[PDB]
**Student:** 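I'm reviewing an experimental structure with calcitriol and have questions.
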Amino acid sequence: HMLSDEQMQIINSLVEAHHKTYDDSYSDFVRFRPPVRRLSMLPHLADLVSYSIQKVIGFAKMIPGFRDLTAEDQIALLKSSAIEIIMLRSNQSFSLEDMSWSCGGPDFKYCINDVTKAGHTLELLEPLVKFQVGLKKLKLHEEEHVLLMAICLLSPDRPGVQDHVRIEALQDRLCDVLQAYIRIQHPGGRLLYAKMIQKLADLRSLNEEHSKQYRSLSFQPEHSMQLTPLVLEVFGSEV
Amino acid sequence: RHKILXXXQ
Ligand SMILES: C=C1/C(=C\C=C2/CCC[C@]3(C)[C@@H]([C@H](C)CCCC(C)(C)O)CC[C@@H]23)C[C@@H](O)C[C@@H]1O
């Protein structure tokens, strides 16, 4: 029922890592290919996701213990969860009043129809929006928000992971910090921690649905050429 | 391809 110095240091370093890799001004968005409203939004949203993958990579390397892993394990965890971290971190721009992602002006405001113009269907987008609303209604502290992202990235049960025991120990170290934070900051505690873990289960099925739809898009040359090299590396099937 | 993913130094 109290945080040790190193538990607090893990929290401090994770929120600082998030502040350095998430620019609330979204001023870099003007360098993306312009939004346009056959898949007129795919160029802009591909640049958005590709840019966000860079930010996720930057955040990952500031997670205590992550850089101590093998380069292969670092990439295996990043490839398997990048889309989940993006969906998690996107909740900061999601607004329940408009049910949209607002990153500044209306040009960079993304509703669900904009994503239909990137090659995705409601079998993914409607569960994604429902996930965003449920995540928004939990009203997480930013400390709980960044701990959840770190916990999602350090999941040992990802394909291609070799040093499993090392990754699970770091994940448990973060879950213990998160559980203690909730217990101190909130009445009770076990209920909220349970739903945060459930949100990670929701992200697994969202990933599954996105990977299916991405594979269909990436195998059509007219759409695949609108992607970016980093997106093809990260979301692709290569090894 | 993991040519770019080799900026994991
Ligand atoms: C990026 C982030 C933001 C929004 C994320 C969104 C909004 C539009 C549609 C997105 C991008 C979903 C798309 C289904 C992803 C499909 C990409 C692709 C076309 C390659 O299959 C995933 C997350 C959704 C903006 C900001 O919060 C930073 C964050 O980091």
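Chains: lettered A, B, ... by order of sequence lines. Sequence positions for chain A are given in the PDB entry numbering; the residues included correspond to 154-190, 251-452, in order. The residues of chain B that appear here are 686-694 by the PDB entry count, in order. Structure determined by X-ray crystallography, 2.1 Å. In listed order, ligands and their atoms are each counted from 1.
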**Student:** Which chain forms the chief contact surface with calcitriol (ligand 1), and what is its name in UniProt?
**Tutor:** Vitamin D3 receptor A
**Student:** So, around calcitriol (ligand 1), which other chains have a heavy atom under 4.0 Å away?
**Tutor:** A
**Student:** So for calcitriol (ligand 1), is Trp314(A) a polar contact partner (N or O within less than 3.5 Å, distance only)?
**Tutor:** no
**Student:** Do any nitrogen or oxygen atoms of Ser265(A) lie less than 3.5 angstrom from nitrogen or oxygen atoms of calcitriol (ligand 1)?
**Tutor:** yes
**Student:** Which domain of chain A, as defined in UniProt, supplies most of the contacts with calcitriol (ligand 1)?
**Tutor:** NR LBD
**Student:** Does any N/O atom on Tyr323(A) come nearer than 3.5 Å to any N/O atom on calcitriol (ligand 1)?
**Tutor:** no
**Student:** Does calcitriol (ligand 1) reach any of the residues UniProt lists as binding calcitriol in chain A within 4.0 Å (heavy atoms), and which are they?
**Tutor:** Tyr175(A), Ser265(A), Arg302(A), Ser306(A), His333(A), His423(A)
**Student:** Which option out of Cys316(A), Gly317(A), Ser315(A), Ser303(A) puts a heavy atom nearest to atom 25 (C) of calcitriol (ligand 1)?
**Tutor:** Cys316(A)
**Student:** Is it the side chain (CB and beyond), the backbone, both or neither of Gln305(A) that lies under 4.0 Å from calcitriol (ligand 1), heavy atoms counted?
**Tutor:** neither
**Student:** Need the calcitriol (ligand 1) atom indices (1-based, order shown) with element for anything under 4.0 Å from a heavy-atom of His423(A).
**Tutor:** 16 (C), 17 (C), 18 (C), 21 (O)
**Student:** For calcitriol (ligand 1), is there an N or O atom under 3.5 Å from any N or O atom of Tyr427(A)?
**Tutor:** no
**Student:** Show which atoms of calcitriol (ligand 1) fall inside a sub-4.0 Å distance from at least one heavy-atom site of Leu255(A).
**Tutor:** 19 (C)
**Student:** Which organism is chain A attributed to in the entry?
**Tutor:** Danio rerio
**Student:** List the residues forming the binding site of calcitriol (ligand 1), heavy atoms under 4.0 Å.
**Tutor:** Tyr175(A), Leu255(A), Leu261(A), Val262(A), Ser265(A), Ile299(A), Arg302(A), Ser303(A), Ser306(A), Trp314(A), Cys316(A), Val328(A), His333(A), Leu337(A), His423(A), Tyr427(A)
